[PDB]
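Drug bound: GDC-0941. Macromolecule: Phosphatidylinositol 4,5-bisphosphate 3-kinase catalytic subunit gamma isoform.
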Amino acid sequence: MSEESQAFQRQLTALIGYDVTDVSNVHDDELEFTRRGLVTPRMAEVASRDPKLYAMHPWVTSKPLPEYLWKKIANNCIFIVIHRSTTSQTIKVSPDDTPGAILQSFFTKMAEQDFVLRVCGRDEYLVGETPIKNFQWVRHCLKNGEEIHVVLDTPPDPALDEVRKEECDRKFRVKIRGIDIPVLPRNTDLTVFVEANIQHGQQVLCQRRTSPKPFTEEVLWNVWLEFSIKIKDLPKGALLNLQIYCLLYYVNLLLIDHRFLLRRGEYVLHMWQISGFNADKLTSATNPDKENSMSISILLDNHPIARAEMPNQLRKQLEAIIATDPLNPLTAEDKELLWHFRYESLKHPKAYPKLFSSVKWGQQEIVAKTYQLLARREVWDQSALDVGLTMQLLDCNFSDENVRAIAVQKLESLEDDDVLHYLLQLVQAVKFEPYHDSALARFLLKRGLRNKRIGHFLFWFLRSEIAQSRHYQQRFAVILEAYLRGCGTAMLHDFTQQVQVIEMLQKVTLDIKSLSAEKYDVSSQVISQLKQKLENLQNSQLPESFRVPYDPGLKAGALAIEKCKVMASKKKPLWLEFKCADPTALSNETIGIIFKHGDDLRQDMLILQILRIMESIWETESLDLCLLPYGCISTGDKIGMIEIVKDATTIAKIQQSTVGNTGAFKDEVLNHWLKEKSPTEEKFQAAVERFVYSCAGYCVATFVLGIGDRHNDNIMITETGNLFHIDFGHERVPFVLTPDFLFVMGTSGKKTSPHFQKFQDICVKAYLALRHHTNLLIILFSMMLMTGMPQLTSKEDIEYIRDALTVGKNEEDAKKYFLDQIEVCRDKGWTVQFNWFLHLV
Ligand SMILES: CS(=O)(=O)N1CCN(Cc2cc3nc(-c4cccc5[nH]ncc45)nc(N4CCOCC4)c3s2)CC1
């Protein structure tokens with residue numbers, strides 16, 4: 001290789017937080033073969049990407065402007081403001097104008113075309129052949145009541161992104177030699193057996209078992225388990241799933257390797273324990289912790305695969321099946337129907353998930369007939385993209401690489417606006433791929449390299465998992481490495497800054513927990529020991545500036561040490577604030593970040609992202625619900641950072657105005673708080689209007705996701721009336737709509753009023769609107785549960801959102817469901833709010 005060529009890889013390992021050149025936890029070479037496989041997709045995308053547009057990463061959309069934003073234009077005229085050091089004139093522009101065209105109405109409007117419209121304060125450019133109506137920064141300014149401000153400077157040089165020179169009819173059988181574990185002790189001794197499953201997409205094709213034996217630290221069976229399934233009938237992607245019950249341990253082994261070879265030989269597999277169903281149960285990875293983990297020893301010595309029209313009455317039976325939801329389980333009668341009428345079923349794209357579930361993958365002939373099916377894919381290829389539908393073929397139920405490829409094909413048609421909407425959920429879906437190299441993993445690689453913004457979030461989503469998941473770190477590390485070798489040195493330098501900063505601060509956060517008590521208050525000497533520590537970093541240690549990971553436009557600078565503090569709260573997070581490093585920023589307002597170690601933030605990532613998806617859904621139907629899905633990024637193990645929404649206050653704090661007598665509660669208080677922070681009465685009604693939309697948006701969203709029973713303490717409001725929920729780490733109430741909220745709506749329980757009439761109207765509007773996307777939400781939820789929780793009932797915890805979205809019912813009933821829910825909160829008032837307290841003391 002080379003002296004400095006290996007110094008490149010030690011930079012790569014530092015950003016990844018894992019060494020992909022390590023081979024100490026492999027029993028084959030799939031991971032290294034995947035490093036080599038991804039060189040091509042990388043070099044292709046890099047080689048065909050526009051240098052100019054890659055440097056500026058214009059964030060842009062082809063969707064129509066919503067109805068709720070053409071109301072803020074009674075005149076077909078939008079206001080932009082071009083800047084230059086001191087002075088800065090304003091310019092009349094029509095929504096359909098272009099970056100180039102408004103430069104035509106600036107220079108010629110004055111009485112050399114190699115300048116650019118960058119945004120004031122950020123690294124966000126208005127460029128490329130798009131209308132300004134169709135730029136995200138512009139839609140954002142219109143949405144808030146802000147005015148588009150812009151500075152004129154030289155385009156950033158493409159030179160800075162340049163990339164370095166790169167680098168049988170025999171039945172199947174397995175011998176169970178035995179198991180071994182250095183130490184087991186609990187208290188009393190039991191018996192133990194090994195269960196072997198041939199598995200394919202959460203379908204057990206076959207299952208044999210050992211005789212049981214006593215659970216000493218070594219147990220030897222020496223037994224052949226003859227299976228019924230024949231070798232030729234083994235499908236690519238099938239897993240030998242070895243499990244130990246007395247269900248304490250599990251491990252998996254792909255029966256057909258990444259070169260289509262039948263798996264053969266002597267394996268010692270180090271196994272995962274079960275924490276006192278989910279995506280960790282599917283992994284081909286073995287436990288790296290070889291000193292403590294349980295190990296199984298096996299032997300393979302077994303290569304391969306090298307007219308008439310329906311009666312109208314069955315069609316109805318078949319259509320009914322196809323209509324049902326992604327969780328509605330299929331009977332044997334239903335599957336056989338689907339399969340017998342394959343070709344009719346292929347005419348309905350929505351039937352696809354249900355159809356490929358009806359396939360007997362445990363049979364060679366039928367899989368082949370299934371490949372004949374996928375070969376005449378005219379209707380699918382021509383169908384309009386359905387993200388819900390496409391996602392379903394990427395979940396844990398589908399292990400066939402061709403099935404999964406027809407789904408990835410549909411994704412290729414997404415523009416970058418929609419990729420960012422689904423990116424986190426597509427990164428989690430790499431967990432369900434049988435092989436490390438996959439159409440999906442490559443699709444992300446390709447989309448990330450093509451767009452600096454997708455690239456940026458693909459970095460942190462990958463790194464979040466690598467840091468806190470032994471089950472999938474090696475796979476994701478290989479994928480990240482591939483990204484980093486093609487993202488270009490501007491982005492590598494950027495990440496290196498970001499990784500350095502957060503490593504310095506997490507250090508400070510862990511070092512501060514320990515000097516404070518397990519829990520009480522915040523010491524005089526502890527705010528002493530926070531300021532001192534950050535003064536030492538600030539000088540010769542911290543970058544002059546780093547990219548804010550949750551908002552990669554914004555460049556944070558030097559710390560505002562006076563405003564930083566440890567938080568009198570759960571597990572001593574740091575409230576930090578930074579100066580903005582861009583001197584053309586039009587405000588002296590700091591960037592606020594919380595650093596927390598203790599909670600599990602991947603869950604918050606996931607919930608906030610589904611919340612961003614609901615906003616986008618409501619966009620399809622002219623519905624704005626003023627949600628504040630604030631930034632939130634997991635960076636490492638049980639730890640990460642959070643955006644501080646400026647001017648926000650906990651609802652429980654507004655109730656603790658005085659005393660707050662261990663849980664005193666009072667209807668009228670919220671409304672008084674709103675008038676104090678609103679210098680004109682005019683802005684006060686703007687706040688109540690904002691509170692009715694926001695309260696409604698967070699009510700509907702929260703009912704649907706089953707996270708609505710919350711303390712006042714985890715709900716906030718801005719000075720401008722924008723309500724929002726926080727801290728999604730996990731008698732009853734479907735959601736929070738307490739008497740304090742209702743007095744803002746001019747209604748003190750058991751009445752109706754103009755502002756409350758809006759609230760109900762908006763709620764049912766929002767609720768029926770999410771139901772036009774029932775299959776999407778069910779599948780995102782089901783996946784959320786599987787890749788981002790503890791262990792969970794693959795039927796029962798998902799089955800909440802069915803009943804929440806009132807599946808199978810007509811629209812009138814559905815409204816009547818939700819409207820009962822509102823009146824459950826108003827029939828209970830404070831009962832549950834007060835109840836959180838009763839346990840405590
Ligand atoms: C005297 S004190 O300085 O200690 N004071 C006490 C009362 N605090 C109220 C808050 C608690 C809080 N927790 C979180 C959080 C905690 C853990 C996990 C989380 N996931 N998402 C948020 C979040 N995120 C917060 N946000 C997010 C949105 O932007 C405003 C700050 C706030 S604000 C402020 C601090």
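Start at 1 with the first residue, then count along the sequence. For the numbers below, each heavy atom of this structure counts, side chains included, while hydrogens, waters and symmetry mates do not. When a ligand or atom number is given, it counts from 1 through the structure's own listing order.
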Problem - UniProt domain holding most chain A contacts with GDC-0941 - result: PI3K/PI4K catalytic
Handout entry: Site residues for GDC-0941, heavy atoms under 4.0 Å
Key = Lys565, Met567, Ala568, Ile594, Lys596, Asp599, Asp604, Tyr630, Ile642, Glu643, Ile644, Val645, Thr650, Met716, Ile726, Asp727
